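See structure below.
Throughout, residue positions are numbered sequentially from 1 according to the sequence presented. Recorded method for this deposit: X-ray crystallography, 1.8 Å. Start at 1 and go down the list; that is how both ligands and their atoms are numbered. What you see below is based on every heavy atom in this structure, not just the backbone, and it leaves out hydrogens, waters and symmetry mates.
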Amino acid sequence: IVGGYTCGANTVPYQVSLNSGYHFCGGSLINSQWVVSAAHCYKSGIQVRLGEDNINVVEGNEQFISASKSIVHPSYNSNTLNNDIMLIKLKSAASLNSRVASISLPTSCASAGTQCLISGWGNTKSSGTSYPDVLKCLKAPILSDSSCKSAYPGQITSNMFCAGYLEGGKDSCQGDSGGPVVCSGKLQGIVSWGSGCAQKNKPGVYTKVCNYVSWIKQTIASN
Ligand SMILES: N=C(N)c1ccc(/N=N\Nc2ccc(C(=N)N)cc2)cc1
Ligand SMILES: [Ca+2]
């Protein structure tokens, strides 16, 4: 997260870190046994780390649970990142508590202008690299689809939206991938992609979760 702020320990209790020996993506807990992340975060041997704040220090609220199953969206296209969404089932149910909480799926889509909370342990620099240890947060509005598609001609699909600040300075970034964009109490976005980070006229691109709620619910119900 570039230009964000320190969330505060466990203030984003649905935020998970996906770990394969190191943090490599965020993900959002959607129930005790399921995380949603970006399909581009897919790897074998994922451990989901819940209750994390400082991802490099055991602070006492963590639950580390291995994934039993990863389900990448049927139509995920890694070239275009269209349908950049994946479900990860945990080997065992997370113990839900105030610091490890699920986030509601949308029942409908969010609108341009809606303010969202984007969070992650991704790079905090737009030039160069600094990875934070504690969770970073960014409040960012959903941008009109037209500004999104103007920003990234030929790359934005109906399964994507832009959020952030065309001015630059405030964005998600590498390492935030897969993490939540939560708007009005619902997971509306997954950190998906962008050009660099917090660059002028290159807002964050986010998987449009509300397109996937049927698939998520059906997939979870069947798995
Ligand atoms: N500007 C953003 N919103 C944004 C930009 C990039 C982004 N990328 N995530 N992850 C990512 C993963 C791997 C590489 C790599 N092969 N070197 C680079 C980036 C996630 C969000
Ligand atoms: Ca920790």
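The name given to the drug at ligand 1 is diminazene.
Going by UniProt, the chain with the most contacts to diminazene (ligand 1) here is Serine protease 1. Here atom 2 (C) of diminazene (ligand 1) lies nearest to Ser172 when heavy atoms of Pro203, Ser172, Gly175 are compared. In this entry, no covalent bond from diminazene (ligand 1) to a chain is modeled. For chain A, the entry records the source organism Bos taurus.
Inclusion of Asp171 in the set of residues having an N or O under 3.5 Å from an N or O of diminazene (ligand 1) is warranted. UniProt substrate-binding residues of chain A with a heavy atom under 4.0 Å from diminazene (ligand 1): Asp171, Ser172, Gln174, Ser177. Grouped by UniProt domain, residues of chain A touching diminazene (ligand 1) are mostly found in Peptidase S1.
For atom 9 (N) of diminazene (ligand 1), a protein heavy-atom neighbour is present inside the 4.0 Å cut-off. Evaluated by nearest non-hydrogen atom to atom 14 (C) of diminazene (ligand 1), the leading choice among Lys170, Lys202, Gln174, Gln199 is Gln174. Of the UniProt active-site residues in chain A, the closest to diminazene (ligand 1) by non-hydrogen distance (1 Å) is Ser177, 3 Å. Applying a cut-off of 4.0 Å to heavy atoms, one finds the binding site of diminazene (ligand 1) to be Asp171, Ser172, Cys173, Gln174, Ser177, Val191, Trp193, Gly194, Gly196, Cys197, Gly204.
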